[PDB]
Undergrad: 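I am attaching a structure below and will ask some questions about it afterwards.
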Amino acid sequence: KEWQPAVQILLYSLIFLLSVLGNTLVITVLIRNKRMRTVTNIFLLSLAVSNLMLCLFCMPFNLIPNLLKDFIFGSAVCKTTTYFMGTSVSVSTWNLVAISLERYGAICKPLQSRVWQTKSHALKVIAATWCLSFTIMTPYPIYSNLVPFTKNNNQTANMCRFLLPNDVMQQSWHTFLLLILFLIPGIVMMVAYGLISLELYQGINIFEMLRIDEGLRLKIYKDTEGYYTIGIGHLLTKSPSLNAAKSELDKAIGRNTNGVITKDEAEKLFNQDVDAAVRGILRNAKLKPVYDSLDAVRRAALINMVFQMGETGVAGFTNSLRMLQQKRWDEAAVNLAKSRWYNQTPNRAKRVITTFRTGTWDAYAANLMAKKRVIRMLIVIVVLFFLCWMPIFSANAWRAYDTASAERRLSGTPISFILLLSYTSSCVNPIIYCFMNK
Ligand SMILES: CN1C(=O)[C@@H](NC(=O)c2cc3ccccc3[nH]2)N=C(c2ccccc2)c2ccccc21
């Protein structure tokens, strides 16, 4: 009528600007900063390229013809615009699947999913996504043609239309898209983000706690006391000799290590350490009573201490050990910070003490809080993707099954806005990235 074209020009041109500006920004930032190019962002970089492709090679050749009600570009543009639209949706859907699968590797199988975290594999997947997406979509250029129709005053026009040899094939193709663009990617990412979510809920434990407090040094080093240490805080000898640490090292890893161990030997060593700390708590007649009275989070604070100072040194925390057993957490927290231990390693001690005072992991939660944030962003991106793409795919499927119904309900402004919703998905992720560093 009179307004509809105005709102269309408005919304289309706005969504074009945001999507062009938004995605080229995301690309130029990522191309600029080598520090930014993580595995997850290399995918979000392949995602932002498909969003740019959809935005420049399809959107004008949809608003302009839908605004004029006449596809006035060539038969080639008609095959091109349909080709890139389906290629884009495919690349995007399988980029989102790759992301869910790499975060699953990182969060759920960290020391077990080593290759899924190589940038070389990441660019292998990205290449296989674009190549296969152009391949399975070749029906669109093969079977899309100008379809002549006639307007008001018997005025010939064309519409760009995708027509397969019959109805069984038109309907088979939509079953196809249903499967490899929604069902199969949908469950893959729902199982994945579901497992990721389970893990992230179970939260911090003694191992993650000691990994934050100790770190990883592959080569022999000295701690705050000046003692020779390796791996994840593994004390080698109190003696000042370096020859003796190197000896106690080779004996513990079983090979002539030459001062240097692997990450895999550090974790094996570190697992024996947490084992040994916990056995020392159980075998010591002063520590075991306190331990049993402790809740699992505080148990881990007691283990944290015993891991740093040994069974016997901690068992001599007689006045703090008593307060803990009596559930006097504030008293214990105040007393423990008057100790020499506090004075030697304040930052670590302040955390362990916070754990004792509150019974929570707040002291160690920062990193977990970051992973949870990213994961919730990714689940939001996936849900806004499907919500932006279900309508147009459902309108094409309904056309292939009952074209007369589909066209009478959707032909005017509804499919105009349904198409608009599609392009909106390509300007969604940059806006999300903006609201993420708030
Ligand atoms: C030719 N082509 C369509 O026919 C359009 N479907 C409609 O426009 C439409 C559906 C419908 C239902 C009821 C009534 C009226 C209807 N119109 N489908 C997309 C597309 C979507 C996903 C993958 C590939 C192509 C597309 C995108 C850009 C250019 C051409 C193009």
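Each residue takes its place number in the sequence, starting with 1. All ligand and atom numbering here is 1-based and tracks the order in the structure. Values below: all heavy atoms of this structure, side chains included; hydrogens, waters and symmetry mates excluded.
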Undergrad: Provide the name, as given in the PDB, of the drug at ligand 1.
TA: devazepide
Undergrad: Hey, quick one: which chain has the most contacts with devazepide in this structure? I'd like the name as UniProt has it.
TA: Cholecystokinin receptor type A
Undergrad: Less than 3.5 Å between some nitrogen or oxygen of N396 and one of devazepide, yes or no?
TA: yes
Undergrad: Just to confirm, does any protein heavy atom lie below 4.0 Å from atom 5 (C) of devazepide?
TA: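 Given the 4.0 Å limit, the answer for atom 5 (C) of devazepide is yes, a protein heavy atom qualifies.
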Undergrad: Any idea which protein heavy atom is nearest atom 13 (C) of devazepide, and the distance to it?
TA: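 The protein heavy atom lying closest is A406 O, 3.4 Å.
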Undergrad: Any idea which transmembrane segments of chain A have heavy atoms under 4.0 Å from devazepide? Please number them from the N terminus per UniProt.
TA: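 Using UniProt order and a non-hydrogen cut-off, you get 2, 3, 4, 6, 7.
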Undergrad: Among protein heavy atoms, which lies nearest atom 28 (C) of devazepide, and at what distance?
TA: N62 OD1, 3.3 Å
Undergrad: Does some non-hydrogen atom of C160 fall short of 4.0 Å from devazepide?
TA: yes
Undergrad: Show which atoms of devazepide fall inside a sub-4.0 Å distance from at least one heavy-atom site of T81.
TA: 28 (C), 29 (C)
Undergrad: Would you mind checking which non-hydrogen protein atom is closest to atom 8 (O) of devazepide, with the distance to 0.1 Å?
TA: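 Result: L419 CD1, 4.2 Å.
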Undergrad: Measuring from atom 3 (C) of devazepide, which candidate in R161, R399, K79, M85 has the nearest non-hydrogen atom?
TA: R399
Undergrad: Any idea which protein heavy atom is nearest atom 11 (C) of devazepide, and the distance to it?
TA: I415 CD1, 3.5 Å
Undergrad: Residue-level breakdown please: for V89 versus devazepide, do any non-hydrogen atoms fall below 4.0 Å on the side chain, on the backbone, on both, or on neither?
TA: neither
Undergrad: Which protein non-hydrogen atom lies closest to atom 12 (C) of devazepide, naming both residue and atom, and how far is it?
TA: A395 O, 3.5 Å
Undergrad: Among all protein heavy atoms in this structure, tell me which lies nearest to atom 25 (C) of devazepide, with the distance rounded to 0.1 Å.
TA: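 I find the closest protein heavy atom is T82 CG2, 3.7 Å.
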Undergrad: May I ask whether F393 places a heavy atom under 4.0 Å from devazepide?
TA: yes
Undergrad: Name the residues that contact devazepide at heavy-atom distances below 4.0 Å.
TA: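 Heavy-atom contacts: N62, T81, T82, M85, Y140, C160, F393, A395, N396, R399, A406, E407, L410, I415.
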